[PDB]
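Chain identifiers are assigned alphabetically (A, B, ...) following the order of the sequence lines, protein sequences preceding nucleic acid strands; residue numbering begins at 1 within each chain. Side-chain atoms are counted along with the backbone in the values below, which use heavy atoms only and exclude waters and symmetry mates. Going by what the header records, the deposited coordinates were determined by X-ray crystallography, 1.8 Å. Modified residues: written as parent or X. Their additional atoms: not counted in contacts.
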Amino acid sequence: XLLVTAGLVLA
Amino acid sequence: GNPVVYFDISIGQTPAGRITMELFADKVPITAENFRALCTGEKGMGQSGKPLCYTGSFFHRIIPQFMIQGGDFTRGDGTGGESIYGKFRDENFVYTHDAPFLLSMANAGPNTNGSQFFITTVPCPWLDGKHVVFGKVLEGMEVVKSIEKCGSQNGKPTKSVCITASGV
């Protein structure tokens, strides 16, 4: 999807 | 009252210009101070053995019609970064992602703020209550748009986007 993570980018 | 900081940006080897940002230290003082100090580099060397500073780091993940993400000055790929504090808690969710050109913290879940951040290029309300919004772009909106156009659906930039200088 549209997330803003740090390490495991998800959907 | 609110600090104003800047990034000078190169796209490839070509200076693109400057993004100038207001930090909402009045409402989000801990989060704003972390970002301000990482722009100046004034806290010096960090726990990762690298300068606590955005200078030289890249926008490593760029998604058109979503946002531009940077601030990983320790690993350069989204797996690193560190705050001046050594992760920190989500300070508050006073501000919402209701506009493009807002600055907000990337994280790896609740209370995991480090140095990574993003500048929105669309409203991102699905992120409200999960990412701490702490400032906005004052000038250099067109530079953000130029960075955004360097994005991809998998987030990998099509051209490197470097913060060649940062500070107050």
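- The drug name recorded for chain A is ciclosporin.
- The chain with the most heavy-atom contacts to ciclosporin in this structure is named in the PDB entry as peptidyl-prolyl CIS-trans isomerase.
- The source organism of chain B, per the PDB record, is Cryptosporidium parvum iowa ii.
- With non-hydrogen distances under 4.5 Å, the site around ciclosporin consists of B/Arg61, B/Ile63, B/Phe66, B/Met67, B/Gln69, B/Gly78, B/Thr79, B/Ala106, B/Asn107, B/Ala108, B/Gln116, B/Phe118, B/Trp126, B/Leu127, B/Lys130, B/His131.
- Between ciclosporin and chain B, residues of the former with heavy atoms under 4.5 Å are A/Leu2, A/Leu3, A/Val4, A/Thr5, A/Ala6, A/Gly7, A/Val9.
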